[PDB]
A.B. asks: 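The structure follows.
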Amino acid sequence: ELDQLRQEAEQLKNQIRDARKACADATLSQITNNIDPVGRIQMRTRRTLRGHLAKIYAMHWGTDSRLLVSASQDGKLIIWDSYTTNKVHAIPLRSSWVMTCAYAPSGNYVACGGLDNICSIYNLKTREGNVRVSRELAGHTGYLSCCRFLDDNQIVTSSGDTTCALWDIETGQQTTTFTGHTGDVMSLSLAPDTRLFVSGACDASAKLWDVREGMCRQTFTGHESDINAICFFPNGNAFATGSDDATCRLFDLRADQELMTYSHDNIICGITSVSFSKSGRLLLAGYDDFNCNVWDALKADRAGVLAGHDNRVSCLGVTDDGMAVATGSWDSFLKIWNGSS
Amino acid sequence: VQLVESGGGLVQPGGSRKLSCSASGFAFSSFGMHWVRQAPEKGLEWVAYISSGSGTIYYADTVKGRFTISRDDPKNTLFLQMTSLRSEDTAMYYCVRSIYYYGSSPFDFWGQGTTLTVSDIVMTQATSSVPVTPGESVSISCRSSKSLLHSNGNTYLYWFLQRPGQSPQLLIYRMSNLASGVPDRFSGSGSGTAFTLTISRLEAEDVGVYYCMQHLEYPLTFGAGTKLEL
Amino acid sequence: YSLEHXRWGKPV
Amino acid sequence: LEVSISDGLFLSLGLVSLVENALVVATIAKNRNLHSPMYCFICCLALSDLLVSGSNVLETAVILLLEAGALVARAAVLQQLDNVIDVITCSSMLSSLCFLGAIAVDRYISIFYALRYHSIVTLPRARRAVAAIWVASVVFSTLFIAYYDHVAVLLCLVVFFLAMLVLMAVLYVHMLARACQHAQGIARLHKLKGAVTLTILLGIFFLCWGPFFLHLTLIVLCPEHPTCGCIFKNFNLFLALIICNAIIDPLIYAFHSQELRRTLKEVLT
Amino acid sequence: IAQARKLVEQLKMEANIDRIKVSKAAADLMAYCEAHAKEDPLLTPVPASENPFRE
Amino acid sequence: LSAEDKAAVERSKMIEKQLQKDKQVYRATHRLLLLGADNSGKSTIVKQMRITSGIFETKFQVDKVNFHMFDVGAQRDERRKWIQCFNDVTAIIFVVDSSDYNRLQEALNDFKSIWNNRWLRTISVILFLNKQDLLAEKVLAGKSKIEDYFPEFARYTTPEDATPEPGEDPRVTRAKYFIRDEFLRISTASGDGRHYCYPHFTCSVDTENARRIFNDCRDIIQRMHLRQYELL
Ligand SMILES: [Ca+2]
């Protein structure tokens, strides 16, 4: 009967907690207590991109690290050349309320979706020269919150329907549905190997999914509110998570638990987006407060702040070359930052 | 994609003729458009350019006072109103689309051409012809009087192949970058001042005249072309 | 000559 | 009666004012939510108040240097210096007074054409109106300072002030009629501040600008009556009140904005 | 009920997964940071001549 | 700049021209969020105004003012994340099935949830107490009565400024304005006056509802600008 299963659930949760406490021999704060402080990272807005018309909800970098997709409530995707600030493409969306976009590792495609509960795959490199919808992925039964390409033909796609799905773009069908979540899946990050991904949800949990085996490899539950944001550490064996509670937390896959919690009492508002730098040494977190703070990911102290935005910083991204962090906000502007010594 | 040029035939010297080109199946308004002409035995020569939205218009000095290029985007039709035509304007005139954004391949599609009979950086291709065999790993040299490596890092040498009964076709846009449709049997390399196309295994579809072209600055000159003879 | 603050500060 | 406004007071008020209005302009420049026709007109008002305060400052500095003799200069070069600083002052007055009207008109359209507001008022049209105001205002202020001995100039100034008065009156009292109608609807659903706000807007308007145009009216209509002589002796009080406009209008129009105040905090940090 | 049997099986899986100690995890992240520090332009700002956004 | 950079900046300028045109479209368009449970008949309101997809954009126009009304639907039963998008809509329209008393309580709690939400603290709610005909019919039949569900309807008696329709019975007036007052108590409770609730009684036979929403948005924007001007 049900009571036996609910009890064995409690027992197995206790077993998991005991194994984690057994592994918790030392904190990251202790092991990194003697590593050098990174010091103040006075990043500067090298470019402001001014073309969007409403609240920007998402951006994603190309692997080329200069092209930059950006989605806004206006129902546009703009492809930006970050270097020149040029608008490479402006894509009229079939729905205004886009909430995620992705740029394919090839840059042949950009994905976006939102309250349409549909991801439109847009072919950037048509012979007809206009950008057009390559596929219109449907099967999600709720809003579409994040998507990331694995390949020109595969996209992983989280939804408020509490599921993530892997899609075969050439056939428009879900090749795997990930269904252990119990709340709106808000955030999604592919491992650099693309064989694993983490997805964070409003059940305050992050889950690690095997893309091809199809099952929850393990589950992370340290947060107190909705995990708005998630990002793998570039080693691919830890990931950061940003919540409605003002903390972000770094979970190690192999230690199966929080290494570190990034929080400061001056910060009382939700984290909106999270990205690591190429070394993983910086964790960059966007906030409801219009700042995005830079954290020492090892020591957990506020190495800096990017303060130029006039509204909620909705999305962060570091280039794959690491040369810059882009930052979109609800003020419709998209700022690219680096220091220059 | 089907650029189809119309007009042409004979004219008397001093005459006037309006060439046109219907764009058919592509987003014509978003492309810049070029006219390029080929004299009956000679290499390509850029004629005119009109941007998307007609903002930029540029001409070669051989036509600058004489030809006017215009476009009707609602009709998806390009025009070249020629005036004061002269014997040196006798050519096949190719309409050539171009699109300019990071990573774009301009000059990627060429129309069938219309023949008209009237009754700068220098690109040097010192090989007027090379005799070649199937499977041979032939290379085509090109040289420039100005370094085509711009401070933005691009090296603006394009390579075109005109097969004996066809329009030109883009092979390489920046000196490294192969066009989206073309065999990787082709490759390009260069120093900004001197350049090679390479064809690691020839086949009969590679027979033709190979034109290098600079897109560093207008007037956008082509080379004399290297013929490959099988 | 006199230079005064503003203008029209005194009649005629 | 004579309120003997010192040159030190013109310097103090004009410096304070150009400081404050420059803060207003920096705060609008830095915050792109304030790149909107409302705050465009508020920025142009702050610029006109900056230019008027700075022109009074520059004129006060020149006259202090002449009173000290730290500058010695011929009559002609000082007459033309006076002409130039007076043109900057008069143009920035006419422009400030126009931008007070333009803010009133923008606010009025934002209420009574609320749904069509962003069709009727746009940054294109805002920048056109701003340019026409400054350009027309340099035209007019040059004509006024060239023909300053002609009473038609003083009457044009007074009549312009009165047209702005009857305008802003019609306007803000219609906005207050609709405010009362809203207050009634609120009262009906739910089961004074507008009057206070109009008393501050139109009172600081009339009580700071109006002394100067009353002065011009008496210079035309009453050049020689001793009570008009008493008013003429207070002309420095009247310019210092116009600088009190340049002080208070930031407070009335700009720093009522919460997003401006937030940007002002980050500009001052 | 099938959903609770699935939840039990999933917790059984999470229980059975192998884990390394947090000290080794922390050491591996710190080592990755140290081994990639100079390769990170946001951590260690590249010269202004070298920066892709200046000069 | 290279010739290709010159052409790419030309392209960016041309896209900026198009984005400026869309800025004209987008600021002339007023966005509305059409909330309400499945009983509310909000789909009938959509249909009568127009004469697995997660959102439906109902475009309509009154006196040359364009309105886009987003009937969000096929979403999951937690709204608390996607309502963050509709910050900076001109209004939320919240259709209530006035007839469905047992679901009227969850409609009230859902109204409280919208009104109190930190992201909606400034977004006015146009209540459409729909199916007012079915409500009239139910009350005139008398088989089950508000008193079975809300005993305060003994204490409550008609407002002194209620304005019944000429054929409207006073007990229908009592039910109408009690439901209204129930919502207004929440609104007048938590509202700082940043945002207000505009209840309108309506039925399927209303052609007027476009005019209603036009007037309500006009009042919302007027109150908003007057609050900004400290005139209200
Ligand atoms: Ca003077």
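Letters A, B, ... mirror the listed sequences (proteins, then strands); counts begin at 1. Simply put: modified residue means parent letter or X, and its extra atoms are ignored for contacts. These numbers come from the heavy atoms of this one structure, side chains and all, not from hydrogens, waters or symmetry mates.
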A.B. asks: Which drug molecule has been modeled at chain C?
C.D. replies: afamelanotide
A.B. asks: To what macromolecule is afamelanotide bound in this model, taking the chain with most contacts, per the PDB entry?
C.D. replies: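 It has the most contacts with Melanocortin-1 receptor.
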A.B. asks: Find the other chains whose heavy atoms come closer than 4.5 Å to afamelanotide.
C.D. replies: D
A.B. asks: Within 4.5 Å of afamelanotide, heavy atoms only, which residues of other chains turn up?
C.D. replies: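 The binding site of afamelanotide (heavy atoms) is D:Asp7, D:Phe10, D:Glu59, D:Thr60, D:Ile63, D:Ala75, D:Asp82, D:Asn83, D:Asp86, D:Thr89, D:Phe144, D:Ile145, D:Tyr148, D:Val153, D:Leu154, D:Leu157, D:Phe212, D:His215, D:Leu216, D:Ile219, D:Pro223, D:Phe232, D:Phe235, D:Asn236, D:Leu239.
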A.B. asks: By chain and residue number, which parts of afamelanotide come closer than 4.5 Å to chain D (non-hydrogen atoms)?
C.D. replies: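 By heavy atoms under 4.5 Å, they are C:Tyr1, C:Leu3, C:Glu4, C:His5, C:Unk6, C:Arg7, C:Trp8, C:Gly9, C:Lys10, C:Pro11.
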